[PDB]
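Caption: paromomycin together with 25S ribosomal RNA, bound form.
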Amino acid sequence: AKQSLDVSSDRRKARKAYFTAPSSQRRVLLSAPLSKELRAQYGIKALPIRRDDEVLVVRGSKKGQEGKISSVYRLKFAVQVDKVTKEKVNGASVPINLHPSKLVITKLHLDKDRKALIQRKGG
Amino acid sequence: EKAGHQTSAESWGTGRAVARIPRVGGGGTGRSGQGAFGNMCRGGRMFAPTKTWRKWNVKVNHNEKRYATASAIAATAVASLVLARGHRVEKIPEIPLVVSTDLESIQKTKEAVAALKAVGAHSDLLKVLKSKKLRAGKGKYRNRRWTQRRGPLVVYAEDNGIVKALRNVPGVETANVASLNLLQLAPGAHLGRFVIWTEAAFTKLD
Amino acid sequence: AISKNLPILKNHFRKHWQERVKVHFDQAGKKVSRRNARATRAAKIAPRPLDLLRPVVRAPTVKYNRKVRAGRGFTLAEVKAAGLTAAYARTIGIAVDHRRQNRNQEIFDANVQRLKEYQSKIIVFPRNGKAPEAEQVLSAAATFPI
Amino acid sequence: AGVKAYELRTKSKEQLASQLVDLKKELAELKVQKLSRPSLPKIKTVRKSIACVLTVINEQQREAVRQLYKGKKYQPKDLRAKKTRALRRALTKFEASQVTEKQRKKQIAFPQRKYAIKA
RNA sequence: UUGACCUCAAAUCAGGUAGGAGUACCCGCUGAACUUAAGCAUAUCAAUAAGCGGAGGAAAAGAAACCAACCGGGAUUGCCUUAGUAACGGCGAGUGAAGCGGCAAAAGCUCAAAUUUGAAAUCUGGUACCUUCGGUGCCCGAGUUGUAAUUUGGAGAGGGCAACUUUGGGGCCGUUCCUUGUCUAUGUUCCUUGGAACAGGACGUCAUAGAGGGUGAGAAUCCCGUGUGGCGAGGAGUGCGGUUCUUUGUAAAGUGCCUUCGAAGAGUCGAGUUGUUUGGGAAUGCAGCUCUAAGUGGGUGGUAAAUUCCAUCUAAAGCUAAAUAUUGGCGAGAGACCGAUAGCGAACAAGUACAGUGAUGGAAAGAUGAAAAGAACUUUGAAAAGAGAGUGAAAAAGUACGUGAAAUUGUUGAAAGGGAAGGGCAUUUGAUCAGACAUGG
RNA sequence: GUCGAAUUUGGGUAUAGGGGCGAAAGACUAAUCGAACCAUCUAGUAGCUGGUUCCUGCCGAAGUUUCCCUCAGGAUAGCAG
RNA sequence: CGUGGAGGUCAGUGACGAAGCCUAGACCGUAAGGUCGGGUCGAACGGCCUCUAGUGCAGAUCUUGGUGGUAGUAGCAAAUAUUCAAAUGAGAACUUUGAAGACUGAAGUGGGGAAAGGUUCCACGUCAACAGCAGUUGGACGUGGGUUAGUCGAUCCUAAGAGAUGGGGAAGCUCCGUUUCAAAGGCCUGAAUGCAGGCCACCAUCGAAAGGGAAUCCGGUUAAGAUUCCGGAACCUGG
RNA sequence: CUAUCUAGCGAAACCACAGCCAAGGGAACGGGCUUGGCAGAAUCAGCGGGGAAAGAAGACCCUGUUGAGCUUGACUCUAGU
RNA sequence: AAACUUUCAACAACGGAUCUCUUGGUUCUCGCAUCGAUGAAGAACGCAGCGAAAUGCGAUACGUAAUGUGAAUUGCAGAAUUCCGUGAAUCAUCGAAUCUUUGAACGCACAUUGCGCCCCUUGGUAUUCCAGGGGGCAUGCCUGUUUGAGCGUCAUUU
Ligand SMILES: NC[C@@H]1O[C@H](O[C@H]2[C@@H](O)[C@H](O[C@@H]3[C@@H](O)[C@H](N)C[C@H](N)[C@H]3O[C@H]3O[C@H](CO)[C@@H](O)[C@H](O)[C@H]3N)O[C@@H]2CO)[C@H](N)[C@@H](O)[C@@H]1O
Ligand SMILES: NC[C@@H]1O[C@H](O[C@H]2[C@@H](O)[C@H](O[C@@H]3[C@@H](O)[C@H](N)C[C@H](N)[C@H]3O[C@H]3O[C@H](CO)[C@@H](O)[C@H](O)[C@H]3N)O[C@@H]2CO)[C@H](N)[C@@H](O)[C@@H]1O
Ligand SMILES: NC[C@@H]1O[C@H](O[C@H]2[C@@H](O)[C@H](O[C@@H]3[C@@H](O)[C@H](N)C[C@H](N)[C@H]3O[C@H]3O[C@H](CO)[C@@H](O)[C@H](O)[C@H]3N)O[C@@H]2CO)[C@H](N)[C@@H](O)[C@@H]1O
Ligand SMILES: NC[C@@H]1O[C@H](O[C@H]2[C@@H](O)[C@H](O[C@@H]3[C@@H](O)[C@H](N)C[C@H](N)[C@H]3O[C@H]3O[C@H](CO)[C@@H](O)[C@H](O)[C@H]3N)O[C@@H]2CO)[C@H](N)[C@@H](O)[C@@H]1O
Ligand SMILES: NC[C@@H]1O[C@H](O[C@H]2[C@@H](O)[C@H](O[C@@H]3[C@@H](O)[C@H](N)C[C@H](N)[C@H]3O[C@H]3O[C@H](CO)[C@@H](O)[C@H](O)[C@H]3N)O[C@@H]2CO)[C@H](N)[C@@H](O)[C@@H]1O
Ligand SMILES: [Mg+2]
Ligand SMILES: [Mg+2]
Ligand SMILES: [Mg+2]
Ligand SMILES: [Mg+2]
Ligand SMILES: [Mg+2]
Ligand SMILES: [Mg+2]
Ligand SMILES: [Mg+2]
Ligand SMILES: [Mg+2]
Ligand SMILES: [Mg+2]
Ligand SMILES: [Mg+2]
Ligand SMILES: [Mg+2]
Ligand SMILES: [Mg+2]
Ligand SMILES: [Mg+2]
Ligand SMILES: [Mg+2]
Ligand SMILES: [Mg+2]
Ligand SMILES: [Mg+2]
Ligand SMILES: [Mg+2]
Ligand SMILES: [Mg+2]
Ligand SMILES: [Mg+2]
Ligand SMILES: [Mg+2]
Ligand SMILES: [Mg+2]
Ligand SMILES: [Mg+2]
Ligand SMILES: [Mg+2]
Ligand SMILES: [Mg+2]
Ligand SMILES: [Mg+2]
Ligand SMILES: [Mg+2]
Ligand SMILES: [Mg+2]
Ligand SMILES: [Mg+2]
Ligand SMILES: [Mg+2]
Ligand SMILES: [Mg+2]
Ligand SMILES: [Mg+2]
Ligand SMILES: [Mg+2]
Ligand SMILES: [Mg+2]
Ligand SMILES: [Mg+2]
Ligand SMILES: [Mg+2]
Ligand SMILES: [Mg+2]
Ligand SMILES: [Mg+2]
Ligand SMILES: [Mg+2]
Ligand SMILES: [Mg+2]
Ligand SMILES: [Mg+2]
Ligand SMILES: [Mg+2]
Ligand SMILES: [Mg+2]
Ligand SMILES: [Mg+2]
Ligand SMILES: [Mg+2]
Ligand SMILES: [Mg+2]
Ligand SMILES: [Mg+2]
Ligand SMILES: [Mg+2]
Ligand SMILES: [Mg+2]
Ligand SMILES: [Mg+2]
Ligand SMILES: [Mg+2]
Ligand SMILES: [Mg+2]
Ligand SMILES: [Mg+2]
Ligand SMILES: [Mg+2]
Ligand SMILES: [Mg+2]
Ligand SMILES: [Mg+2]
Ligand SMILES: [Mg+2]
Ligand SMILES: [Mg+2]
Ligand SMILES: [Mg+2]
Ligand SMILES: [Mg+2]
Ligand SMILES: [Mg+2]
Ligand SMILES: [Mg+2]
Ligand SMILES: [Mg+2]
Ligand SMILES: [Mg+2]
Ligand SMILES: [Mg+2]
Ligand SMILES: [Mg+2]
Ligand SMILES: [Mg+2]
Ligand SMILES: [Mg+2]
Ligand SMILES: [Mg+2]
Ligand SMILES: [Mg+2]
Ligand SMILES: [Mg+2]
Ligand SMILES: [Mg+2]
Ligand SMILES: [Mg+2]
Ligand SMILES: [Mg+2]
Ligand SMILES: [Mg+2]
Ligand SMILES: [Mg+2]
Ligand SMILES: [Mg+2]
Ligand SMILES: [Mg+2]
Ligand SMILES: [Mg+2]
Ligand SMILES: [Mg+2]
Ligand SMILES: [Mg+2]
Ligand SMILES: [Mg+2]
Ligand SMILES: [Mg+2]
Ligand SMILES: [Mg+2]
Ligand SMILES: [Mg+2]
Ligand SMILES: [Mg+2]
Ligand SMILES: [Mg+2]
Ligand SMILES: [Mg+2]
Ligand SMILES: [Mg+2]
Ligand SMILES: [Mg+2]
Ligand SMILES: [Mg+2]
Ligand SMILES: [Mg+2]
Ligand SMILES: [Mg+2]
Ligand SMILES: [Mg+2]
Ligand SMILES: [Mg+2]
Ligand SMILES: [Mg+2]
Ligand SMILES: [Mg+2]
Ligand SMILES: [Mg+2]
Ligand SMILES: [Mg+2]
Ligand SMILES: [Mg+2]
Ligand SMILES: [Mg+2]
Ligand SMILES: [Mg+2]
Ligand SMILES: [Mg+2]
Ligand SMILES: [Mg+2]
Ligand SMILES: [Mg+2]
Ligand SMILES: [Mg+2]
Ligand SMILES: [Mg+2]
Ligand SMILES: [Mg+2]
Ligand SMILES: [Mg+2]
Ligand SMILES: [Mg+2]
Ligand SMILES: [Mg+2]
Ligand SMILES: [Mg+2]
Ligand SMILES: [Mg+2]
Ligand SMILES: [Mg+2]
Ligand SMILES: [Mg+2]
Ligand SMILES: [Mg+2]
Ligand SMILES: [Mg+2]
Ligand SMILES: [Mg+2]
Ligand SMILES: [Mg+2]
Ligand SMILES: [Mg+2]
Ligand SMILES: [Mg+2]
Ligand SMILES: [Mg+2]
Ligand SMILES: [Mg+2]
Ligand SMILES: [Mg+2]
Ligand SMILES: [Mg+2]
Ligand SMILES: [Mg+2]
Ligand SMILES: [Mg+2]
Ligand SMILES: [Mg+2]
Ligand SMILES: [Mg+2]
Ligand SMILES: [Mg+2]
Ligand SMILES: [Mg+2]
Ligand SMILES: [Mg+2]
Ligand SMILES: [Mg+2]
Ligand SMILES: [Mg+2]
Ligand SMILES: [Mg+2]
Ligand SMILES: [Mg+2]
Ligand SMILES: [Mg+2]
Ligand SMILES: [Mg+2]
Ligand SMILES: [Mg+2]
Ligand SMILES: [Mg+2]
Ligand SMILES: [Mg+2]
Ligand SMILES: [Mg+2]
Ligand SMILES: [Mg+2]
Ligand SMILES: [Mg+2]
Ligand SMILES: [Mg+2]
Ligand SMILES: [Mg+2]
Ligand SMILES: [Mg+2]
Ligand SMILES: [Mg+2]
Ligand SMILES: [Mg+2]
Ligand SMILES: [Mg+2]
Ligand SMILES: [Mg+2]
Ligand SMILES: [Mg+2]
Ligand SMILES: [Mg+2]
Ligand SMILES: [Mg+2]
Ligand SMILES: [Mg+2]
Ligand SMILES: [Mg+2]
Ligand SMILES: [Mg+2]
Ligand SMILES: [Mg+2]
Ligand SMILES: [Mg+2]
Ligand SMILES: [Mg+2]
Ligand SMILES: [Mg+2]
Ligand SMILES: [Mg+2]
Ligand SMILES: [Mg+2]
Ligand SMILES: [Mg+2]
Ligand SMILES: [Mg+2]
Ligand SMILES: [Mg+2]
Ligand SMILES: [Mg+2]
Ligand SMILES: [Mg+2]
């Protein structure tokens, strides 16, 4: 269990903390696990998901579907991929919110400090 | 203290064809006219409001305290009690189980686990793994969401890392023979804790 | 009112007593924090033992005069009889009490004895920081019992 | 879009003065087109830029006036410590340090002795 | 005529400071009644509420004009106990502390009265100059109606004498502390149900990590974390150990011995009286007026006075940490608490909407779904809508939205009914339910 | 009823709760007056009304004695568990 | 017997359906109650051993919330009064226009203002609610437009009255006082500004949109403003 | 002009349960109990006999060791003087 | 026999109980010590491409600077999306500023967006008068300074 006088296990503050977490902190809660391939290459299990990451749905009725991250909706605690969309009966298409933890990243969009993060993490 | 008593409400007196309970001043809001103070009226004060100076801790006689912890130990010898207390000691070589003092130095779980399972504690271990369940009441949001059984009591002489090794296992608890808590000895005031002794511990008892 | 056969009690609770009421729920934390407050003193205070040497004193009246008690400080006669000044006797940790004169020899003997015997078991560091590593004894009075 | 904090800090005062004036010219002209069109979100960045320009011009003149007073005993109350009313009237480290000559010798004659007790 | 002095003014003089808020705790002032006494006036409520002045992080109290009466003890505060005791009390109702003893924390101190008198040795400012919580030089001012050193009763000073002992000021790494960032384990395998696997079965894995939360349903191993350690960045600052300087010392302190001397606080203490207060009783404190001390003096010694002693402290001037207080402020961790008529009044655009001229009064009100997929389209309709039809796991979830109770109501079905209805026993009639059926084919 | 004066009246202004103000009715002082309105002391006290939440099993009363500023209340003995 | 919570235990029940709810359906118990089927439901819940209470309702003119009979009932009758036709609209006793009949009868049902309201003004849209019938209309709803001053007010002056200041009370919040037991200044001139002239000096300030008071008129103009705008003609104060 | 009938709109009082009598006894004046008289859906306009009708914890009266306004050589005080 | 009334059931109403939820309350503990004339607390009015609140802010107005962070914000629009970058952001942090009209509240007032005086500067001929800009004038008290008053008073007169 928690050994610290710092962390609390109280269920209330926990749910307050999640829902009142700001956008910076949400970005970390929106982490996604890395695919068996990307796990190998980088030796890293999971990273905060971000936009343009290609991805694979590992759960739900969309499982086994693939696309690129359309937007990370942090306000929503949700994420949008193209190619995964509901077509409402008015003819229009609508983006389906999916969770990062129910996704696996099959390709990383890398820039300098996304690289330097993969390095900053031991592994 | 301030609960239900924050208001100016007076009675209205008799003669308004309305009960004599105190009622709220002013107007312009539904609150006005309503029943005030009192246990019978909504938004009022509770009957005999709870106080902090209620007596919480209870004093026990020391000798009588040790008399309780003593029989609590002796019950851990009785096979039928420990069996009856809901422990899986069905097989196992003998009761008591005393074990190689090398146990006291085991510092890693995967070891300490299979250590117990081989000494014959496996069945009342798996029990506590299968007894975890959602709490019956509203204590669910009071920070007890889960309810499970009691694994075995691993008792030592000196802590060389058995404690950290079993601190993560579901239902096992560890204790020094210098202390020996009755709560752990007779959980629910129920005799027959299944207790795994170290030879160093066991020889210390007298 | 007044009924049956019961001793007469006196319960002084007519006064708004429920206003001034102290539970001690803090008895735990006022100890746990009373310890940590001492623990880090001796840390900050380094080998020194947390308290002054305290004398042996007779204690008063007709009731407690039989026993003997730790007094406030060593008074004046015993400090020079221990071979040192007042102003220094406080620098080596020792209790100096400028009142309480000495009307009794058997105590005055034992007390000066208690001083030199204290001066024995100590080690008093020099001006410099070069000193023999100083394992710290926390108690004093229980190291020099009465 | 608009302006940038570090780029402005290089330009001279008299350029900043003109920087402003044609931002005001623009922002003014914005508010004209603004009411002839289905909104105009663009006007935000220029009125923010004007803040930045004016922040820098302030940074300069304040720092400049900071120089002119350097080392002196009395500086504008604008530029002082702030901190706290109660704080900034607390005794200085110097004033609290002072000790009567009678004591400074007593604080020398018999200052606290580190000791220990073995066995 | 000219130059100071005392006193007293002015300036948009140069530099500052006070106010107000907060008020849980803290120091004082002021000050009730409801109430109890089975009435009521003293008394009680209460040295309380309300009102007023002043603080801090704690305040206050404090190095004894103490407690004791002992073989004595030794600043103060708090706990435990003294003790519901001594005492106070229409001696009624009621009230009610202290000394000792155990424990928590412990810390001690400085002025005034002394001639530097072979030297105002003291200090504020202004000013240039720098190494700027300040340092030097110069200069005006303060001040002899007393600034410095020296001394504080535990003393101590002057002399006389005789030896031994002892030092200062800077910063330069590291530690501790505050801010603060980051690194650091282990399945998303199979089957089955389901809209969703986070479910049950199967096979595993990590554990100094099986706290907690999140994710389409009971998730240690999906994510954040949790546990154990590791690495940065910026801050204080003198405590803790380590650096090398300077030379403070033509200063200061300690200690021995002889003889002499030893200043110690006034319209005060004390007293009378009045009021108030106290357990304090021929008067516990407090204050008004009146009287007004002494220096081998003075205060206290809980029954007033005279007399005789004894004990113990040194007033009428002052500073101080900790233990202690804390329905406030800031930051945290928790509970056998409450679960939307509960719990703060307020789980919500709650001190809000609204009321009052005003002081003030002060609510109601949480829940579609995993996801809006929030019902395209056809059709009747002026339209609101209805009917198709779609979405959905579900519409028996449609923004009047989870479950959807009761009162009460619509329709349908059944039965009864000559100024209520409902109830008990019994039975006809109808409706409705049942328990009992395996032994050779 | 009165209607050219002790007339009617706007606004400004003054007097505040044991207080005001009153050609006097205890009148008026914000629908409030033989003491205003607001908050607090206050959950004021009540020998007096009212109410006082499940089931079964066993036992089972009193309105009398004495004392009481006692007579709608207590103490007390009796009855009862 | 029953309810909220707590330790222990059935490795208890459950998305293959927990809890709740509904059942002129079943069984058990003298009873409190317990158990089961069926329906509706959607994520929790129960048995036994103990612990613990903010633990059981028909009443209290109880509290809050909801609902009835009364009942389509009392009522919707003061202020003389309406009628025909058209237009508009799905819809007209009620809207717009025309016509007829009438009223207030200038101490007005007219034309402006003060206090007070605060956009109610005006225009376009528009009828769910509100206008105790109705609504195509509205002082409603929605969206926009609108109030121009040297001369009209405020501003200035003083009124009853209020109120700082030296001060004097009061523990204090604060009280008294307004020229008082006070060293209470601010003008015009010369020599660009100080000294030399010099008079004069009981006295902050607040207090009137009806008192006092510097000064504007006509004509035209808007959907809605005008002694304010425009055109023309003036005047007053200050340079 | 209402009432009345209609379209539209649409309250309140009150309510143990209710609503035909005579007598009886009964808390000594019953809608209910006992004995008799009797007794036929559903209703409209009226009415003021009853509902010991409604309105408001009787103000009169007594009780309370409950008040308040007021008076006075009550008890006890008090500003001023 | 209907109607009507009553009782029961089913479905539908009415209403929001019950069940389960809980970013809230409540109580205990632990740690810390910082409001204001450097203008606080509190108030008023404002500030967004489209806001009435809440929230945040102050004419630099849901924010400007600094620091971190590494790409969003999201109701629609818009962008420069200025992504190996001095760089997204209703992010975190906060050491630099801005901070309307106020308020102990400071020139005087204040049911008024009322009214004086001083200094500097710009424009209208402009020492004077008008106007724009910038900075100023409360109280008690302390220390100092400069200037004064008094036969309170000592000297010097000459
Ligand atoms: N259960 C109704 C109760 O009504 C109470 O509030 C009601 C009372 O305060 C007051 O009701 C009065 C009543 O006091 C008084 N004793 C009689 C009077 N006829 C009642 O009136 C009320 O009820 C009647 C009867 O239904 C209605 O017809 C009437 O419209 C209504 N105002 O009117 C309120 C509204 O009806 C409380 N809200 C609460 O105790 C509870 O909700
Ligand atoms: N018998 C095989 C072994 O089972 C072990 O563990 C068994 C369980 O303890 C484990 O299931 C999880 C477990 O992961 C987690 N750490 C604790 C959790 N309570 C367990 O849950 C289990 O028990 C609950 C009842 O408590 C049951 O509903 C069900 O069997 C299962 N979900 O998974 C297994 C299923 O019975 C280990 N997984 C491993 O050593 C190995 O697979
Ligand atoms: N009366 C005889 C003795 O005098 C002694 O007198 C003390 C002082 O007077 C004496 O003088 C010390 C001296 O020791 C030390 N080594 C040098 C120091 N400067 C002196 O110090 C003294 O003298 C100076 C003048 O020089 C004075 O200012 C003042 O009295 C004091 N500081 O040192 C003694 C230290 O206690 C003591 N009072 C005591 O031993 C005894 O009474
Ligand atoms: N009528 C055509 C369009 O219908 C639209 O509305 C659609 C829905 O929002 C509307 O739903 C209504 C609902 O509003 C209302 N509260 C009643 C009911 N729950 C629904 O009813 C609808 O669904 C049911 C179920 O299948 C159908 O049987 C029925 O025909 C249909 N009107 O029914 C419409 C579909 O028929 C919009 N009103 C508009 O675009 C337009 O009127
Ligand atoms: N005079 C006292 C001093 O005033 C100083 O402040 C000066 C300015 O900062 C202050 O300016 C205020 C300003 O606070 C405020 N927020 C805006 C206001 N318009 C200004 O006001 C100033 O000018 C106006 C002009 O109409 C005058 O009416 C007002 O009296 C004056 N204070 O006014 C003062 C100059 O008149 C300092 N606060 C301080 O040193 C001290 O209090
Ligand atoms: Mg945390
Ligand atoms: Mg909590
Ligand atoms: Mg389409
Ligand atoms: Mg999601
Ligand atoms: Mg970087
Ligand atoms: Mg690198
Ligand atoms: Mg409450
Ligand atoms: Mg009534
Ligand atoms: Mg392990
Ligand atoms: Mg629970
Ligand atoms: Mg429950
Ligand atoms: Mg909770
Ligand atoms: Mg919990
Ligand atoms: Mg100690
Ligand atoms: Mg000045
Ligand atoms: Mg104050
Ligand atoms: Mg105060
Ligand atoms: Mg009484
Ligand atoms: Mg009484
Ligand atoms: Mg009385
Ligand atoms: Mg008293
Ligand atoms: Mg008080
Ligand atoms: Mg403070
Ligand atoms: Mg402290
Ligand atoms: Mg102090
Ligand atoms: Mg002393
Ligand atoms: Mg003591
Ligand atoms: Mg007395
Ligand atoms: Mg008596
Ligand atoms: Mg008594
Ligand atoms: Mg008392
Ligand atoms: Mg006392
Ligand atoms: Mg100096
Ligand atoms: Mg100087
Ligand atoms: Mg030495
Ligand atoms: Mg699977
Ligand atoms: Mg979950
Ligand atoms: Mg599984
Ligand atoms: Mg968990
Ligand atoms: Mg979990
Ligand atoms: Mg993980
Ligand atoms: Mg992890
Ligand atoms: Mg960690
Ligand atoms: Mg003295
Ligand atoms: Mg007093
Ligand atoms: Mg007295
Ligand atoms: Mg002190
Ligand atoms: Mg102190
Ligand atoms: Mg508290
Ligand atoms: Mg408070
Ligand atoms: Mg804790
Ligand atoms: Mg609810
Ligand atoms: Mg509520
Ligand atoms: Mg509700
Ligand atoms: Mg409830
Ligand atoms: Mg409750
Ligand atoms: Mg409420
Ligand atoms: Mg509202
Ligand atoms: Mg009110
Ligand atoms: Mg709901
Ligand atoms: Mg059509
Ligand atoms: Mg149409
Ligand atoms: Mg359908
Ligand atoms: Mg659809
Ligand atoms: Mg489908
Ligand atoms: Mg299904
Ligand atoms: Mg469903
Ligand atoms: Mg549903
Ligand atoms: Mg919808
Ligand atoms: Mg709706
Ligand atoms: Mg509903
Ligand atoms: Mg629903
Ligand atoms: Mg729900
Ligand atoms: Mg229903
Ligand atoms: Mg009939
Ligand atoms: Mg007459
Ligand atoms: Mg006449
Ligand atoms: Mg009063
Ligand atoms: Mg009176
Ligand atoms: Mg008066
Ligand atoms: Mg009159
Ligand atoms: Mg009369
Ligand atoms: Mg009224
Ligand atoms: Mg009145
Ligand atoms: Mg009266
Ligand atoms: Mg009033
Ligand atoms: Mg009122
Ligand atoms: Mg009560
Ligand atoms: Mg009381
Ligand atoms: Mg009583
Ligand atoms: Mg009585
Ligand atoms: Mg008598
Ligand atoms: Mg009675
Ligand atoms: Mg229970
Ligand atoms: Mg409970
Ligand atoms: Mg349990
Ligand atoms: Mg259980
Ligand atoms: Mg199961
Ligand atoms: Mg249940
Ligand atoms: Mg049934
Ligand atoms: Mg079923
Ligand atoms: Mg249903
Ligand atoms: Mg069910
Ligand atoms: Mg659900
Ligand atoms: Mg669920
Ligand atoms: Mg209760
Ligand atoms: Mg109930
Ligand atoms: Mg009920
Ligand atoms: Mg009832
Ligand atoms: Mg009704
Ligand atoms: Mg009826
Ligand atoms: Mg109708
Ligand atoms: Mg009618
Ligand atoms: Mg009528
Ligand atoms: Mg008419
Ligand atoms: Mg017509
Ligand atoms: Mg008409
Ligand atoms: Mg006419
Ligand atoms: Mg006329
Ligand atoms: Mg008009
Ligand atoms: Mg109009
Ligand atoms: Mg209307
Ligand atoms: Mg209408
Ligand atoms: Mg209508
Ligand atoms: Mg005029
Ligand atoms: Mg005026
Ligand atoms: Mg006047
Ligand atoms: Mg005045
Ligand atoms: Mg005077
Ligand atoms: Mg001049
Ligand atoms: Mg006028
Ligand atoms: Mg007009
Ligand atoms: Mg013109
Ligand atoms: Mg009628
Ligand atoms: Mg009708
Ligand atoms: Mg009506
Ligand atoms: Mg009514
Ligand atoms: Mg009535
Ligand atoms: Mg007869
Ligand atoms: Mg009869
Ligand atoms: Mg009769
Ligand atoms: Mg009859
Ligand atoms: Mg009757
Ligand atoms: Mg009957
Ligand atoms: Mg009968
Ligand atoms: Mg008969
Ligand atoms: Mg009648
Ligand atoms: Mg009636
Ligand atoms: Mg009446
Ligand atoms: Mg009445
Ligand atoms: Mg009565
Ligand atoms: Mg009455
Ligand atoms: Mg009357
Ligand atoms: Mg009477
Ligand atoms: Mg009596
Ligand atoms: Mg009376
Ligand atoms: Mg739910
Ligand atoms: Mg716009
Ligand atoms: Mg916002
Ligand atoms: Mg966008
Ligand atoms: Mg978009
Ligand atoms: Mg931010
Ligand atoms: Mg900021
Ligand atoms: Mg400001
Ligand atoms: Mg201001
Ligand atoms: Mg002002
Ligand atoms: Mg200006």
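In what follows, chains carry the letters A, B, and so on, assigned in the order in which the sequence lines appear, proteins first and then strands, with residues in each chain numbered from 1. What you see here is only part of the deposit, and the contact count is restricted to that part. Counting starts at 1 for both ligands and their atoms, in listed order.
- In the structure shown, the parts corresponding to paromomycin are ligands 1, 2, 3, 4 and 5.
- By chain letter, those with a heavy atom nearer than 4.0 Å to paromomycin (ligand 4) are E.
- For paromomycin (ligand 4), other ligands and ions under 4.0 Å: ligand 68 (magnesium ion).
- The PDB lists the organism for RNA chain E as Saccharomyces cerevisiae (strain ATCC 204508 / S288c).
- Lab note: binding site of paromomycin (ligand 4), heavy atoms under 4.0 Å, is E:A375, E:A376, E:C377, E:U378, E:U379, E:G386, E:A387, E:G388, E:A389, E:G390, E:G398.
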